[PDB]
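Here's 3C-like proteinase with boceprevir (bound form) bound to it.
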2 protein chains.
Amino acid sequence: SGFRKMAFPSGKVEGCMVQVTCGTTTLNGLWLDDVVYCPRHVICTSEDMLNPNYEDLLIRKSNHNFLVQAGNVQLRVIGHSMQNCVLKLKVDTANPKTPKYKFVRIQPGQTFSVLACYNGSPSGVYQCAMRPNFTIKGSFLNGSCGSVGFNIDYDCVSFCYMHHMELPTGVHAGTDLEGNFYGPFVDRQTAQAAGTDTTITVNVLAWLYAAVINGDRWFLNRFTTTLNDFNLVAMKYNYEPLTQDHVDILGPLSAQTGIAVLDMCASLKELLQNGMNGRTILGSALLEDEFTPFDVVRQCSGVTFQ
Amino acid sequence: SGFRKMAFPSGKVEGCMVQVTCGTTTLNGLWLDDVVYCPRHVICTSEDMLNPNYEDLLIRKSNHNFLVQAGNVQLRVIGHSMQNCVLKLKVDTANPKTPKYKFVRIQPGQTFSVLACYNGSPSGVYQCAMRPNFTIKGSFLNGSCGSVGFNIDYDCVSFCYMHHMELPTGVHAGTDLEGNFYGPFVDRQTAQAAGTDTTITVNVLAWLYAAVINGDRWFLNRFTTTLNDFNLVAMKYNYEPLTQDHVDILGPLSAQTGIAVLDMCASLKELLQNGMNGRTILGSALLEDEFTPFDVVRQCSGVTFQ
Ligand SMILES: *[C@](O)(C(N)=O)[C@H](CC1CCC1)NC(=O)[C@@H]1[C@@H]2[C@H](CN1C(=O)[C@@H](NC(=O)NC(C)(C)C)C(C)(C)C)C2(C)C
Ligand SMILES: *[C@](O)(C(N)=O)[C@H](CC1CCC1)NC(=O)[C@@H]1[C@@H]2[C@H](CN1C(=O)[C@@H](NC(=O)NC(C)(C)C)C(C)(C)C)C2(C)C
């Protein structure tokens, strides 16, 4: 029993972090096989940031301008290239700690673990969600660039995020491991709009199910509702619309608790219209939306990983 | 920028988890050098739990009754002993992945990372605090026993907790790595009282400092207070008294923000007396007490570990 914001074990990713230096800038790289991946603005100076021409900036860098370093051992770059917003440094030594891995571009509302690193060295791990506006609410300081988000599927690490930049309200933007940004962001220091952040309704429902599984039942009411009627209310409190897929995804949690999804929607409806009047649910005084239905099943049934 | 409930990287602890089986029971062990550590009630059957006599139960176990297993490799027990509530299984193979480590008994209010495991395999990592009543609010299912809490100091893992048991309200009790319980709990299935849980005031203050460092300043008021006057109010909302030590510990956070501790106490005072009126602080609608001043410094300045 119990419910906690839980990250994946980070052992398999720790051995893949190196330190990348180009002239003055130092940040983190991801070393898999004989390739190191890092944000391409490592080739920028502070002034270049306002309006970088990456092609032109890259023209005047040779392999020997890139200092790659795994612990005290020192790797040498035999080739570099730009793939979108990431730089791929080809090195002379395949990582002997390369795990089984994939690169995946995740969808908004999915969650993942971030291993925050500085100078190629792990500092900490936490779980976060891709917000519907394609930002994340992370914890990143200067030097954290190149830190990666990941999931695990048994033995296979799925890399999905690389950290690049911060936006005014302490929210964070980055790319997938192919260098494509999530959202409309670009890697330069010029004013940029993030859209409105909405609440991931299906995640809220899964967390309400986790509450119930852990005996926190007071919000369970006696009403029901329809999917169209719920969405009419959710959309006014800035919530994602619920679809029949979402209902199907919640099936396992609905079947374990004996509470139908539409019944749960009616309880959520009331929580949005009346607030929570001072109680908490699973120790929280807000509705939590950074647990997917999979995260809840995994945590409330004990899925392990190699 | 940003503030997250952050766990230590778990790589160095993952390689120390094994699976321990005795007759019917299977749980987790901690394998360091040639010793495996596990909860001693692994030698119990479901019936023995109501009133185990561990000495007598242990009398009828020999080395070959204990199946220890690291992945697919299979270790053999050449000796067993009971140290308080833990069992120390002497094995024939020193763990080649033993990190530099210590055993520490932590004090209430300190935080640590838990690597929740099942069948000797890491499932996830999260951060928690030793509550003032010597429980933790974790996330543990059947099979999680033997999972360990730890901190890191650069290269040295400090093991501080081993999970044993759950109490009615989904709170958890366990031992240090020498087998002594935290709190007055004993390892048998008989009614047992946990005391009242109080709020760790110095942790709340450090989190308020983290708020301010991250620009969340609305609760900063124009009043001040005295340590005796604050404690008179804190003690009525079930808060730990603040001492001059606590003030000294907060010095680094006070110096970074320019807000004196007593001034911060006056803001906290008002938050306890008026509630937070609907806003949030660092995304939370409750006062958070599971960040030590050290956790805040570490996260808001970027301490890394080997
Ligand atoms: C990494 O590059 C690093 N070296 O660690 C760094 C990390 C961030 C998180 C704390 C600083 N990222 C940048 O410096 C990033 C690079 C320039 C400027 N960057 C920013 O994140 C800036 N944000 C910003 O300009 N935001 C908008 C575009 C105005 C919304 C900072 C002001 C935070 C430095 C580039 C290429 C975007
Ligand atoms: C571990 O032993 C395991 N094998 O994983 C197990 C983990 C807990 C967390 C989910 C079950 N612990 C126990 O089974 C533990 C062992 C018996 C009974 N235990 C309990 O935790 C019981 N709690 C309990 O009796 N609580 C009090 C004492 C009434 C407050 C359960 C009812 C949860 C099984 C012993 C030796 C205490």
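The chains carry the letters A, B, and so on, in the order of their sequence lines. Following the PDB entry, chain A shows residues 1-306, kept in their order. Going by the PDB entry, the residues shown for chain B are 1-306, listed in order. Header entry for method reads X-ray crystallography, 2.2 Å. Order of appearance sets the numbers: ligands from 1, and atoms from 1 within every ligand. Below, all heavy atoms of this structure are taken into account, side chains as well, without hydrogens, waters or symmetry copies.
- Other chains making heavy-atom contacts shorter than 4.0 Å with boceprevir (bound form, ligand 1): A.
- The structure places a covalent bond from boceprevir (bound form, ligand 1) onto A/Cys145 SG.
- Annotation for boceprevir (bound form, ligand 1): atoms under 4.0 Å from non-hydrogen atoms of A/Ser144 are 5 (O).
- Within the set A/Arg188, A/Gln192, A/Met165, the minimum heavy-atom distance to atom 19 (N) of boceprevir (bound form, ligand 1) is found for A/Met165.
- As stated in the entry, the source of chain A is Severe acute respiratory syndrome coronavirus 2.
- In this structure, the UniProt active-site residue of chain A with the shortest heavy-atom distance to boceprevir (bound form, ligand 1) (to 1 Å) is A/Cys145, 2 Å.
- Closest heavy-atom approach to atom 21 (O) of boceprevir (bound form, ligand 1) within the set A/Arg40, A/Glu166, A/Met49, A/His163: this belongs to A/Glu166.
- When heavy-atom distances to boceprevir (bound form, ligand 1) are checked against a 4.0 Å cut-off, A/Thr190 comes that close only through its backbone atoms N, CA, C and O.
- Contact annotation for A/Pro168 and boceprevir (bound form, ligand 1): only side-chain heavy atoms (C-beta onward) come within less than 4.0 Å of the ligand.
- Interface of A/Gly143 with boceprevir (bound form, ligand 1), defined as ligand atoms under 4.0 Å from a residue heavy atom, comprises 3 (C), 5 (O).
- Residue contact check: A/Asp187 has heavy atoms under 4.0 Å from atoms 36 (C) of boceprevir (bound form, ligand 1).
- Residues of chain A near boceprevir (bound form, ligand 1) cluster mainly in UniProt domain Peptidase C30.
- Residues touching boceprevir (bound form, ligand 1) within 4.0 Å, heavy atoms only: A/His41, A/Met49, A/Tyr54, A/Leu141, A/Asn142, A/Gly143, A/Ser144, A/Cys145, A/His163, A/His164, A/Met165, A/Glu166, A/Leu167, A/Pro168, A/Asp187, A/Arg188, A/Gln189, A/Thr190, A/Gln192.
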